Colleague: 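Here is a structure with pentoxifylline.
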Amino acid sequence: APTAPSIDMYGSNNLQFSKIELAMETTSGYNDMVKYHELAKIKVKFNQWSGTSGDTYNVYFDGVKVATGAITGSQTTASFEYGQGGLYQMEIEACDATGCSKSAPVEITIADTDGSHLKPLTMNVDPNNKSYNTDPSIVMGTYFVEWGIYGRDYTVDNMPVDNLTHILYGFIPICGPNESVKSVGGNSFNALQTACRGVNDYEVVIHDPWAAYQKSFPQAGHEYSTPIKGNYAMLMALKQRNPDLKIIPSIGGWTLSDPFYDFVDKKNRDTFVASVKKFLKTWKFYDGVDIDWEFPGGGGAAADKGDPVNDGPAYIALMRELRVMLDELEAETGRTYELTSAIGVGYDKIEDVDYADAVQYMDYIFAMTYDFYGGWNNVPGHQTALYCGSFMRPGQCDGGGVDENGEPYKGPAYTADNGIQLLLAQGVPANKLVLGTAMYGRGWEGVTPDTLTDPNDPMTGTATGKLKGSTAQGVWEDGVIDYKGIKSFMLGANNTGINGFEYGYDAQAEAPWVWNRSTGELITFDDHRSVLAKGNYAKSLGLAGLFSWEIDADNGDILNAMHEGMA
Ligand SMILES: CC(=O)CCCCn1c(=O)c2c(ncn2C)n(C)c1=O
Ligand SMILES: CC(=O)CCCCn1c(=O)c2c(ncn2C)n(C)c1=O
């Protein structure tokens, strides 16, 4: 018989609560911006302007009483703590001696980072991505990059999630020496320096909090009071849609690997592994960790780093220590966590680590079978070929020959099969190796016909510099072009070449190219045919599956081909 309470939406923060507290309007150090709590604090204001208010209130979630307290006149605040994320129908009841009266139910959101409060994400996928019935044992992975939401305009709801088993989210940085990030730009370095304020060196952080959790995506229903936004709330909603999908944070990559070279000291590995455990406890939708150190022994972005004696053993120790930590998380949560790594596949990278030893701790190695040639120099070659191409000289495939200046090759040529064969020769099990496909080309200009030593093969020519182009054509950085740009502006609908380009295919290498003889523009890439060849090779050798880099650059053709090739 008191008056039933009426809920004051606005003084109750629109009924948006959360276990994780996230700064939304400011940017500072990671430990200042992100605070995970075991209990969310819930504060709901209600009023009883007519009749009598009663003495006590009870708050119910789905019919279960979760809080109680005293009615305070015509407006009352119920404050309490709650440990379980979800969406609940809340009623508030007011009671006295003459009876109790309940409010109408209202939905309350209690966010947690497994997405338990979120409906399955609504997808917006290009319908060129087709449907397949691939064996669910086969890895079909891709990388999604955090910055793809800026000029590339490629968001989580654009991914063809039903054709993926693993999404690798690139990239999570490690606080410490990171001068290589300046090659991306000063704002990107500054973002990392801001994130690491108040954070110990060797701990992980989020590089761009705006893209990870602050930015409102209207396609995901985000609003002002949504407690978790950004890419991460979308990946939480994607996991609600596809609960068997593995989403794994990738630490490192080309510009973010400089801290790994300090892991020869165990104290820094210990700091790092602890920080990864804290990161996975904070962002519960992640299913493991991918380590992308480029590269133990050196040969990455920082020319002055790399210890070929001590980096391999440090890498193996890091994989052992990560697996010990992840087994602790499995015991605490009842979940399974995976440990993986993307690795270089030149002979010079593979010789610097004993992968037979490291891989006993790992679920998968993502073999980076791409970037063998590129616009960093003027030497054309197939960047992601399976086998040795027609352009290679006598003795170059195996490495016992000499170059066109008479200088001895130092090891086997850069092809995907030379790298796979060296990993298998070490003792790495085939069923843990995942072979890489490129969803982009690399390219040059100035490869004119008079530079070719073999006039049917422009990979025997010589370039004058990097491919240039607009972002409209998929050229975000000189020398690199998205596959979907190559298909729209170089291949055309018949795949034979448009806009002055002709398509070619090295049937021995398994490698496509497009060449404009007028501008000497040449691009090396992966296409439907080379990807089918990679699938056949993975089937033949019993590999774990395929992965691609990076998903925003595909128009569906490459992922469709990965499925067709593994069928
Ligand atoms: C790793 C690779 O080959 C792709 C590089 C794309 C350029 N790039 C970044 O690497 C990057 C970045 N922001 C953070 N990171 C680590 N942006 C904006 C970027 O363009
Ligand atoms: C096959 C192998 O071991 C490759 C070694 C790295 C190739 N590579 C790059 O990827 C690269 C690069 N500059 C930018 N990037 C991304 N350079 C000079 C390079 O050699």
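The first residue of the sequence shown is numbered 1, and numbering continues consecutively from there. Each ligand, and each atom within it, is numbered from 1 in the order the structure gives. Heavy-atom basis, side chains included; hydrogens, waters and symmetry copies ignored.
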Colleague: Could you help me spot every copy of pentoxifylline here?
Modeller: ligands 1 and 2
Colleague: Which chain is the largest contributor of contacts with pentoxifylline (ligand 2) here, and what is it called in the PDB entry?
Modeller: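 Chief contact partner: Chitinase A.
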Colleague: Starting from atom 7 (C) of pentoxifylline (ligand 2), which protein heavy atom do you reach first, and at what distance in Å?
Modeller: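 Scanning the protein heavy atoms, the shortest distance from atom 7 (C) of pentoxifylline (ligand 2) goes to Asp371 O, 3.5 Å.
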Colleague: Which residue owns the protein heavy atom closest to atom 5 (C) of pentoxifylline (ligand 2), what's the atom, and how far is it?
Modeller: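 In this structure, atom 5 (C) of pentoxifylline (ligand 2) has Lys349 NZ, 3.2 Å as its nearest protein heavy atom.
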Colleague: How close does the nearest protein non-hydrogen atom get to atom 14 (C) of pentoxifylline (ligand 2), and which residue and atom is it?
Modeller: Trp254 CZ2, 3.5 Å
Colleague: Return the closest protein heavy atom for atom 19 (C) of pentoxifylline (ligand 2) as residue, atom name and distance.
Modeller: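 Ranked first by proximity to atom 19 (C) of pentoxifylline (ligand 2) is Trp376 CE2, 3.6 Å.
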Colleague: From the options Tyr370, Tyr414, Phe372, select the one whose nearest heavy atom is closest to atom 2 (C) of pentoxifylline (ligand 2).
Modeller: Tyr414
Colleague: Which residues would you count as binding pentoxifylline (ligand 2), with heavy atoms within 4.0 Å?
Modeller: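 By heavy-atom distance, those would be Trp254, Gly346, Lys349, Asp371, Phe372, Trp376, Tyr414, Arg442.
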